[PDB]
Amino acid sequence: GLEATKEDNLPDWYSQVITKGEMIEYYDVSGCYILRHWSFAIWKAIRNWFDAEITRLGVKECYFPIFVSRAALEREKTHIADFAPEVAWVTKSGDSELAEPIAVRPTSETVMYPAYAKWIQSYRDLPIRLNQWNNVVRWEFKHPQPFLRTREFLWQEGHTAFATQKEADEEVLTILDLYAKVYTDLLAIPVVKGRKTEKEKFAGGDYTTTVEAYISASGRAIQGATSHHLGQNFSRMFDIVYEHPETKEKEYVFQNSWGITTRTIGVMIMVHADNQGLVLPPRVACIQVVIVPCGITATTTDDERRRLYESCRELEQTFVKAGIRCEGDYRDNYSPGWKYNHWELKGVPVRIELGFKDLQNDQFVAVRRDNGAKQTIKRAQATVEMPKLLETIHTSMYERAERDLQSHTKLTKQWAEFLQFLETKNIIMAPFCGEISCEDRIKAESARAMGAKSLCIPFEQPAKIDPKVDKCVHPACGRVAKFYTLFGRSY
Amino acid sequence: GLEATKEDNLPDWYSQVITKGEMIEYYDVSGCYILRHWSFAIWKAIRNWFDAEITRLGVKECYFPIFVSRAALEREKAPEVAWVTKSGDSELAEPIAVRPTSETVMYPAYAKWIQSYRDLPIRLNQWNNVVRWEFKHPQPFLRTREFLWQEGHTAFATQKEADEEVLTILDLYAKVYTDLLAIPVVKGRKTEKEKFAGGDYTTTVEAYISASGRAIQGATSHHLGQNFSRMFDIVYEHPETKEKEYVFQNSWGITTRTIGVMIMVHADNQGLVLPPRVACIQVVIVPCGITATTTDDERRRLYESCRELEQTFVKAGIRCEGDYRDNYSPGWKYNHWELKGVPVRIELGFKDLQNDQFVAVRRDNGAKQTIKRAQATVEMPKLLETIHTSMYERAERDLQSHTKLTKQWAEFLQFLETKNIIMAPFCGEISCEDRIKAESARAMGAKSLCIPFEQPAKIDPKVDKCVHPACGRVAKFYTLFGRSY
Ligand SMILES: Cc1cc(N2CC[C@@](C#N)(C3CC3)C2=O)cc(NC(=O)Cc2ccccc2)n1
Ligand SMILES: Cc1cc(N2CC[C@@](C#N)(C3CC3)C2=O)cc(NC(=O)Cc2ccccc2)n1
Ligand SMILES: O=C(C[C@H]1NCCC[C@@H]1O)Cn1cnc2cc(Br)c(Cl)cc2c1=O
Ligand SMILES: O=C(C[C@H]1NCCC[C@@H]1O)Cn1cnc2cc(Br)c(Cl)cc2c1=O
Ligand SMILES: [Br-]
Ligand SMILES: [Br-]
Ligand SMILES: [Br-]
Ligand SMILES: [Br-]
Ligand SMILES: [Cl-]
Ligand SMILES: [Cl-]
Ligand SMILES: [Cl-]
Ligand SMILES: [Zn+2]
Ligand SMILES: [Zn+2]
C-alpha cells in the first residue's frame, strides 16, 4: 500500500508510486535511475509507435558516438559564455590520464553537423533526415526527479536538413503533431501546442515549437517535447552548403531538430496516478487485463480450486488470442485482496474478478482501475465487450485530464487576476508584448521556484488580439500586445 | 569503385568497403565510428530478431544507467574504464565510470529484488552502449572503444536451469550467425585460459576469416555459477530449513561485431554482399535503356511500371526500392548498389517492358535470370533463399577447407602457417597452452579458440596424448586452435 497521498506530499507520493509500482529502482549515482521492466515496456510502446511514424515519413535511423571532442563542442563559438558547457568530461582511462579530455554528448548537433556538411556534396543529396534513439547526459547540480528530470536520459533526437525553408517549417509542425499524438492518443494526456517566446526558445534556432502539459497536483506546467526550426544558424556555423542549381551560388541548407524523452512516463504518472498507485493508459500498459480467481476457501476443495483456475485460464487465453494483453494470477500463497492491491499498484487498467458464483452464471466482473467501477459481462460477450471497455477507459482518462487542464487555464487581461490565478495553481492566458525584459519583470514580480514563466504562445489563440487597442498585461509595460501567451509556474 | 583488393591489402580493402558502402563515417575521437543508416539497419534486423527470440523465452527488457560509481565498480574484485571526473569546470566529488559491462550495476539490484524463493528466476536483458578504452589498434565493427550490444543477466535457484539457459542462448547466437548472416560458426567451450575469469565456464561461437587467416569470437554465453551471487550477497532462504542459498547466474552478450564478421566473410572486391535476411533493401530496381532520345512520356511510363513492380514486391513482404534518379546512368547505379551489397538488382528496360518480364542479377554471383512479371512474387522469394543458401554454403566450404585435424606438432605448425585452424588433442592445462602459443611465433602464435561441442573424433584416453611434444598428458579432448583477433 501507498503511505503518502498525492495532495499532502507530492514528492513522497511520487517516490512511492514509482517504487511500489515497480517502475524505478534508485541508484548510488545521484540523478540516474534504473528503469525496471514495467516502465521500460511503456517506453518501448512510445518509442516503437513514434519510430514507425517517422519511418513512414521517410526519416532513417542511425547512431553517432556517445563521446564528443572538445574541438567539436567548442566549434565556431566566440563568446565566453559559450565555452564552459555543463557536460560530463572523461579525463582518464583506468590510471592513464588522457591526452585530450572528451565529453559525453548532451545532444548531438556538434557531431552530426560536420557529417552533414561532408555528406551534402550537391543539391541532389537533399533532404537529409536522420534520427537517433540514444542516451544523453546533462550533469546539472539541481534537484533531479525520476523520469521528469534526470542526469542521464533516453530520447530520440531527429536532425533534418532541406533545400527550402518551406519544407523545414512543414516538418516542424508534422513532428510536433506526432508528439501531441504521443501524449493524447497513447498516454491520454492533453497538451497545448505553441511557440516559445524569444526568451524561452532554443538559442541556436530561429523558433521553437512545443507541447506543454499541466500537473494539477502541483499546478505546474511541464514541456513534454520539442520541435525546433534552426533555420540557417547551424548550416552557417558548420558550412553545410551546396551550390544552387539555377543561380550557381553557394547556399546554406535549412535545418530542424526535434526530441522527446522518457519524461513522457513521468507526465503519465503525475497526471493519471492516484492514491492507490499507477493508472496505466490502456494503449501503453504492458498488461491491460489481469484475471484474479476469488472465492477460494479453506475448505473450498482442491479439486474445485483447480476447476476455478481452469475457467480463469480459458478466459485468459481467449483474451490473449483476441489481441488483449492479459495475464492470470494463479499464485496460491497470496490472497485475492493482496492481488487486488498488488495490481492496482501497478496500474493494470482492468482487473477481472471471477468467483464460483459467476462461473455458475456464464459471467465475470470487470473492475476499472481509473474509477473503480465494476461491471458484469457474460462470458459469451468477453471478446466483444473487453476492447470497448479499454477504449472507454482511455477516453475517460483523457477527458478527465482535459477538463482539469481547461478548468485551470484562466484567461485574463488584468494583472491582479494574473497574480491571484497563479497562487491558486492555474496557468494563465494573457495578452503579451513578447519582449524578453517584460517577461523577466513578470517573472520577478510574480515570485512569492514560484515566479511565473511563459509556457508557450498557443497556436489556438483564446481570442483575437486587437493590435489597435490591446496592450500587454503588465501594468508597467504599456506595449502593444502581440498575442496571448500562456504563463505558469514551470516545473 | 573499390581501389584495394581483399586478398592483397585486407585493412585498406575493409576501410574502402565500409566507407564506399556507406556503412561508417570516420570520427575525430579515435576508435569510435558513426553508424550510418545502411549499417544501422543491419544491426536493427539482428537486434529485433534476437529480442523477439528471448522475449518468447520469457526474458524481459530493462535499462540500467550508463554510469557506475567507483565503489560499485570496486566490488567486483587497472581496468581501462573511462572515468568522468568533471562536469563543466566543477570537479566531481567522486569520479564515476562509464560502464564497460553492467554486472556491478545490476547485481546489487538483483540482491535486493530477490527477497524470497518465489522471486526466482530473474531474467533481464538490456540493449545498451558500453565503453572499453583500450589503446590497441581499433577496427570499425570489430573492436571499438564504444560499441552497441545486448547483455543478458539471469539468476536461477538451481545450477541445472542455468546450464540449460547457457546452451539456449548460445544456440540463438549461432542462429544469428548462420540463419541471419549466412556465417558458419563453431560452438564450443572456452579453455581454462580463455574463459571469463569471473565465471565457472564460458561458451562461445567462433567464426573464421579466411582472408586474415584468423578466427574471431562472435558471441559469448557464460555460466557464472555462484561467484557473483557470493560476491554481491544475492541470496534467498530455502523455504524448508531456511538455510541461506546463493543463486546461480548466467550472463550472455553479442555486439555489432556481427556486422564486421559479415563484411569479412561475404564482401568481395566490388564491395558489400548483404545476406538477404538483414539487407535493408533486398531488391533494387534500376530502369535501363533510357537514351538521349528517350521521350518524357516514355520515361514516365517506364518509371510508373517500375514503381508498380516495386510496390507489388513491398506488399508481398520483399523489401524493394526503385532508383529513379535521372542524373546517374544505369551503369553508375549498378556500381552504387553493388558497393552497397543489395542482394538482387532488377534491370528493367523497354524491351523488358514489352515482353512483360525483367532481369534479376545476383549480387553474390553476378548471375542473370529472366523472370516473367506474373511470376515475380513467386520466384523472387525463392531466389532470395537461394542466395542465402549459396552464401552460407560458400562460407562453410571455405571454413572446412581451412579446418585441419592432426595429432603431431609438426603438421600442426605447418597448418598454422598455411592460414588454417587446427583441431588437435589437448590436455587443457593453462601452462601447456601458453607453451603452444609461445612456440608458434617467430600476435601470430597459436591460441585456443574453443573446445568444440561436436568433436572430430573420440580422444581415446588409452592411446591419445596432448599434441605438444613436451606435454606428456592424456588428451582430454580435441581443441580447436588458431591465430585470433
Ligand atoms: C528526463 C529529462 C528530460 C529533459 N528534457 C529537457 C527538455 C526536453 C523536452 N521537452 C527535451 C527536448 C526533449 C526534456 O524532456 C531534461 C532532463 N534533464 C535535465 O534537464 C538535466 C538535469 C538533471 C538534474 C537536475 C536538473 C536538470 N531530463
Ligand atoms: C565491437 C566490439 C566487440 C567486442 N567484443 C569483446 C568480446 C565480445 C564477443 N564475443 C563481447 C562479449 C560479446 C565482443 O564482441 C569488443 C570490442 N571492443 C574492445 O574490445 C575494446 C577495444 C578497443 C580498441 C582496441 C581493442 C579493444 N568491440
Ligand atoms: O538539445 C538541445 C536542442 C535539441 N537537440 C536535438 C534534439 C532536441 C533538442 O531540444 C538544446 N540543448 C539543451 N541542453 C544542452 C545542454 C548542454 Br551541457 C549543451 Cl553543450 C547543449 C545543450 C543544448 O543544445
Ligand atoms: O563483460 C564481460 C562478461 C559479460 N558481461 C555480460 C555480457 C557478456 C559479457 O561477456 C567480461 N568483461 C570484459 N571486458 C571488461 C573490461 C573492463 Br575495463 C571491465 Cl572493468 C570488465 C570487463 C568484463 O567484465
Ligand atoms: Br534549450
Ligand atoms: Br533539450
Ligand atoms: Br573476458
Ligand atoms: Br565481454
Ligand atoms: Cl524488473
Ligand atoms: Cl537521409
Ligand atoms: Cl546516413
Ligand atoms: Zn509587456
Ligand atoms: Zn598439453
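In what follows, chains carry the letters A, B, and so on, assigned in the order in which the sequence lines appear, proteins first and then strands, with residues in each chain numbered from 1. Counting starts at 1 for both ligands and their atoms, following the listed order.
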Got a name for the drug at ligand 4? halofuginone
Which chain accounts for the largest share of heavy-atom contacts with halofuginone (ligand 4), under its name in the PDB entry? prolyl-TRNA synthetase
At a 4.0 Å heavy-atom threshold, what other chains are in contact with halofuginone (ligand 4)? B
Option nearest atom 4 (C) of halofuginone (ligand 4) (shortest heavy-atom distance, choices B:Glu103, B:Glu151, B:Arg99): B:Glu103
If you count the atoms of halofuginone (ligand 4) from 1 in the order shown, which ones are under 4.0 Å from a heavy atom of B:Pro79? 18 (Br), 20 (Cl)
Please classify the B:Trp252 to halofuginone (ligand 4) contact at 4.0 Å (heavy-atom distances, strictly less than): side chain, backbone, both or neither. backbone
With atoms numbered from 1 as shown, which atoms in halofuginone (ligand 4) lie under 4.0 angstrom from a non-hydrogen atom of B:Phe196? 3 (C), 11 (C), 24 (O)
Any atoms of halofuginone (ligand 4) less than 4.0 Å from a non-hydrogen atom of B:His153? List them with their elements. 6 (C)
For B:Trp149, is the nearest heavy atom under 4.0 Å from an atom of halofuginone (ligand 4)? yes
Which residues does the binding site of halofuginone (ligand 4) contain at 4.0 Å, with heavy atoms considered? B:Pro79, B:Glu80, B:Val81, B:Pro100, B:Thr101, B:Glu103, B:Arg132, B:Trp149, B:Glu151, B:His153, B:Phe196, B:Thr220, B:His222, B:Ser251, B:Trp252, B:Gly253
